[PDB]
Each structure stands twice: as C-alpha cells, then as structure tokens.
J.: 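Following up with a structure containing nimesulide.
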Amino acid sequence: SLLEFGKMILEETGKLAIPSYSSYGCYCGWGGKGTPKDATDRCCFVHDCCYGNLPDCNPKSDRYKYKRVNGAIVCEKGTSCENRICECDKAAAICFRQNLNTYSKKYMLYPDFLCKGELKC
Ligand SMILES: CS(=O)(=O)Nc1ccc([N+](=O)[O-])cc1Oc1ccccc1
C-alpha cells in the first residue's frame, strides 16, 4: 500500500515520503510524462512502470508484509499481487537510497508543464 511504501521510504532514506518523494520531478507521486529529471525521478519512473506491469493489482491500497534481514528488505509471501507490489516498492526504496547523493530539493513540487513527451517503459 502507499502508506507502507512511505514507511519503507522513510526507513531507507530518512526522508518523509510526503513531502520528499510525493511531488518530485516528473514521475514521483504523480506520473506520467516527460523525461525524468534525475536519477531519483528515474526511480519513480521505473516504479510507475513496475506498477503498470500489474494492471489487475491495486498497489495504492493492497497491503503486503516484509521483514529486514540485516538491513535487507525481504518481501514475505502474500497474494501474487502483494508479492509483486512489494518487489516494486522494495526496488524503488533501494533506488532512492542509491540516489540520495543527487537528490535535489529544486525538484520538489516540480510543475507539470515542464514534463512533456512519452517515454516508454
Ligand atoms: C497521488 S495519488 O492520488 O495517491 N495517486 C498516485 C500515487 C502515486 C503516483 N506516482 O506517480 O508515484 C501517482 C499517482 O497518481 C497518478 C497516477 C497516474 C497518473 C497520474 C497520477
């Protein structure tokens, strides 16, 4: 679920999902057009694609379980949708951590009109 993803993001990064990742660049918190602005935004692009892989799942609301094994995220077995959603979220959280070095506050509340053009998953 979105709330679980937000907790995972905070755990990974030390940033609150709202506001740090809820309105960032062209793809975080809202897709779905434009060239991603930076690596963090590309995490969101890929995460959006990852959810897009799951048209019959409901990633905003469906809850999954996960644990930590020495810092590592391990998605625990739920329904097929839950497992796949968890894997999408895990990847994005790791991606955000891997790109914290280049996170730029200037991309918070990035305006829509600067995000133009289709980029295929
Ligand atoms: C913000 S919301 O109402 O909870 N919906 C939603 C949540 C996350 C994302 N996103 O891009 O990560 C995008 C979201 O919304 C959109 C999905 C597709 C296209 C436009 C917006």
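So for chain A, numbering is the PDB entry's, and the shown residues are 1-14, 16-56, 59, 61, 67-86, 88-122, 124-131, 133, in order. Numbering of ligands and ligand atoms starts at 1, following listing order. Heavy atoms only: backbone and side chains are in, while hydrogens, waters and symmetry mates are out.
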J.: Which entities in the file belong to nimesulide, all copies counted?
T.: ligand 1
J.: Give the name, as used in UniProt, of the chain with the most heavy-atom contacts to nimesulide (ligand 1).
T.: Basic phospholipase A2 VRV-PL-VIIIa
J.: Closer than 4.0 Å to some heavy atom of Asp49 - which atoms of nimesulide (ligand 1) meet that?
T.: 10 (N), 11 (O), 12 (O)
J.: Out of curiosity, is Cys45 lining nimesulide (ligand 1), as in a heavy atom under 4.0 Å away?
T.: no
J.: Among all the protein's non-hydrogen atoms, which is closest to atom 3 (O) of nimesulide (ligand 1), and how far away is it?
T.: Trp31 NE1, 4.3 Å
J.: With a cut-off of 4.0 Å, which atoms of nimesulide (ligand 1) are near a heavy atom of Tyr28?
T.: 10 (N), 11 (O), 12 (O)
J.: Between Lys69 and nimesulide (ligand 1), which part of the residue brings a heavy atom under 4.0 Å of the ligand: side chain, backbone, both or neither?
T.: side chain
J.: Tell me, please: is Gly33 in heavy-atom contact with nimesulide (ligand 1), that is, under 4.0 Å?
T.: no
J.: OK, so UniProt lists some Ca(2+)-binding residues in chain A. Which of them have a heavy atom under 4.0 Å from nimesulide (ligand 1)?
T.: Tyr28, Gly30, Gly32, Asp49
J.: From the PDB file, what's the organism behind chain A?
T.: Daboia russellii pulchella
J.: Provide, to 0.1 Å, the distance between atom 13 (C) of nimesulide (ligand 1) and the closest protein heavy atom, together with that atom's residue and name.
T.: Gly30 O, 3.1 Å
J.: I'm trying to place nimesulide (ligand 1) relative to the UniProt active-site residues of chain A - which one is nearest, and at what heavy-atom distance, to 1 Å?
T.: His48, 5 Å
J.: Which residue supplies the protein heavy atom nearest to atom 4 (O) of nimesulide (ligand 1), what is that atom called, and how far is it?
T.: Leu2 CD2, 3.9 Å
J.: Within 4.0 Å of atom 17 (C) of nimesulide (ligand 1) (strictly less), any protein heavy atom?
T.: no
J.: Listed by chain and number, which residues of other chains have a heavy atom closer than 4.0 Å to any atom of nimesulide (ligand 1)?
T.: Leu2, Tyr28, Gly30, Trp31, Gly32, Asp49, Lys69
